Peer 1: 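Complex: forodesine : purine nucleoside phosphorylase.
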Amino acid sequence: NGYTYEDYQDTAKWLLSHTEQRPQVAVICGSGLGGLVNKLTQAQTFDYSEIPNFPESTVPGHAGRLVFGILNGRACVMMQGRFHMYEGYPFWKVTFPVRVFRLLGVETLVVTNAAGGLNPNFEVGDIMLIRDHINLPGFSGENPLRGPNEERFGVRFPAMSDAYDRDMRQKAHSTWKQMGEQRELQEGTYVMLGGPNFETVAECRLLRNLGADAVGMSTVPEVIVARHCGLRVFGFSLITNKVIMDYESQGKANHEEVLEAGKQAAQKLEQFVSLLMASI
Ligand SMILES: O=c1[nH]cnc2c([C@@H]3N[C@H](CO)[C@@H](O)[C@H]3O)c[nH]c12
Ligand SMILES: [Mg+2]
């Protein structure tokens, strides 16, 4: 790390004193998913740049704003845009907001992201509930929890086998049924790698063989820090593109189309998330 416990406190107290909102839920909006803040009522926005100690969103499709508001009668705070290791941020910076949210009184964290589909049965536009994850950078020691442990947040060796709340994923499926959607709510394992380049065909095949259903360059570190500090976690990936799996294909992954997919699914995702508020 690099932040002191007081640093998180300072930031939390700053927010608590600049808004009347008191969120119980925090939502992290991934690439092209900033539209999830659109239906919040009594909304109050803070650019990340005005919040002490907050990193900056430099990726297109990430507004870089913290939006407090009410969603379906639930007080929430949304990260309209997030941070990634490939931007040059160590995980202790990428996940700074998560601990701030805990110090604000938040109890649940909803993580979302745009991801490449590895499961051949996935189609662009699909919503995949994250049932589990594979932390590749963690295998190497790249972890937000690396270094002295802050007992005021959590224990030295947190368990991750139950990271994605079982109860919330049951409600997610029940709720999806109420939406009367054409496609079924997908569910699977999200694997995180560093980026920023998109994967090669050989890497794609290997990742699928590891048992991964979707691939991305975010989320996992946020989930680890969330669980460490006691937050209930729920999340999903919007399958924005199908990773190229063969050498005969003329396709090629690109951020522009990833952002387009997010816009086309934004509406359906908003309703789903809003409906879910009632479940929390
Ligand atoms: O096929 C993919 N591989 C790796 N990342 C992504 C993404 C996510 N969106 C960004 C790039 O489109 C980046 O932050 C990554 O986490 C979408 N599709 C893919
Ligand atoms: Mg206001």
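We number each residue from 1, following the sequence as shown. As a basis for the values below, the full set of heavy atoms in this structure was taken, side chains included, without hydrogen atoms, waters or symmetry mates. Ligands are counted one by one from 1 in listed order, and the atoms in each one are counted from 1 as well.
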Peer 1: Give every ligand number or chain letter for forodesine.
Peer 2: ligand 1
Peer 1: Within the structure, does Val258 bring an N/O atom to less than 3.5 angstrom of an N/O atom in forodesine?
Peer 2: no
Peer 1: Tell me the source organism the PDB entry gives for chain A.
Peer 2: Bos taurus
Peer 1: What residue and heavy atom of the protein are closest to atom 14 (O) of forodesine, and at what distance?
Peer 2: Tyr86 OH, 2.8 Å
Peer 1: Filter the residues UniProt lists as binding purine D-ribonucleoside in chain A to those having a heavy atom under 4.0 Å from forodesine.
Peer 2: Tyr86, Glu199, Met217, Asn241, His255
Peer 1: Once you restrict to heavy atoms under 4.0 Å, what part of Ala115 touches forodesine? Side chain, backbone, both or neither.
Peer 2: backbone
Peer 1: Does forodesine have an atom under 4.0 Å from some heavy atom of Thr240?
Peer 2: yes
Peer 1: Tell me the protein heavy atom at minimum distance from atom 1 (O) of forodesine, and give that distance in Å.
Peer 2: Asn241 ND2, 3.1 Å
Peer 1: Near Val243, which atoms of forodesine are under 4.0 Å from a heavy atom of that residue?
Peer 2: 1 (O)
Peer 1: Would you mind running through forodesine and noting each atom that sits below 4.0 Å from a heavy atom of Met217?
Peer 2: 4 (C), 5 (N), 13 (C), 15 (C), 16 (O)
Peer 1: Mind checking whether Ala253 has a heavy atom under 4.0 Å from forodesine?
Peer 2: no
Peer 1: With atoms numbered from 1 as shown, which atoms in forodesine lie under 4.0 angstrom from a non-hydrogen atom of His84?
Peer 2: 14 (O)
Peer 1: Who's the nearest protein heavy-atom neighbour of atom 17 (C) of forodesine, and how far?
Peer 2: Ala114 O, 3.5 Å
Peer 1: How far is atom 11 (C) of forodesine from its nearest protein heavy atom, and which residue and atom is that?
Peer 2: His255 ND1, 3.3 Å
Peer 1: Check the UniProt phosphate-binding residues of chain A and list those with any heavy atom under 4.0 Å from forodesine.
Peer 2: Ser31, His84, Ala114
Peer 1: Does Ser31 reach forodesine, in the sense of a heavy atom lying below 4.0 Å from it?
Peer 2: yes
Peer 1: To the nearest 0.1 Å, how far is atom 3 (N) of forodesine from its closest protein heavy atom, and which atom is that?
Peer 2: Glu199 OE1, 2.9 Å
Peer 1: List the residues forming the binding site of forodesine, heavy atoms under 4.0 Å.
Peer 2: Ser31, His84, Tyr86, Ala114, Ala115, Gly116, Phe198, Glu199, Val215, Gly216, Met217, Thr240, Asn241, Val243, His255, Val258
Peer 1: Run through all N or O atoms in forodesine and write down each protein N or O closer than 3.5 Å, as a pair with its distance.
Peer 2:
residue: forodesine; atom: 1 (O); partner: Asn241; partner atom: ND2; Å: 3.1
residue: forodesine; atom: 3 (N); partner: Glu199; partner atom: OE1; Å: 2.9
residue: forodesine; atom: 3 (N); partner: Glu199; partner atom: OE2; Å: 3.2
residue: forodesine; atom: 12 (O); partner: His255; partner atom: ND1; Å: 2.9
residue: forodesine; atom: 14 (O); partner: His84; partner atom: NE2; Å: 3.4
residue: forodesine; atom: 14 (O); partner: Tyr86; partner atom: OH; Å: 2.8
residue: forodesine; atom: 16 (O); partner: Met217; partner atom: N; Å: 2.8
residue: forodesine; atom: 18 (N); partner: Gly116; partner atom: N; Å: 3.4
residue: forodesine; atom: 18 (N); partner: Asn241; partner atom: OD1; Å: 2.8

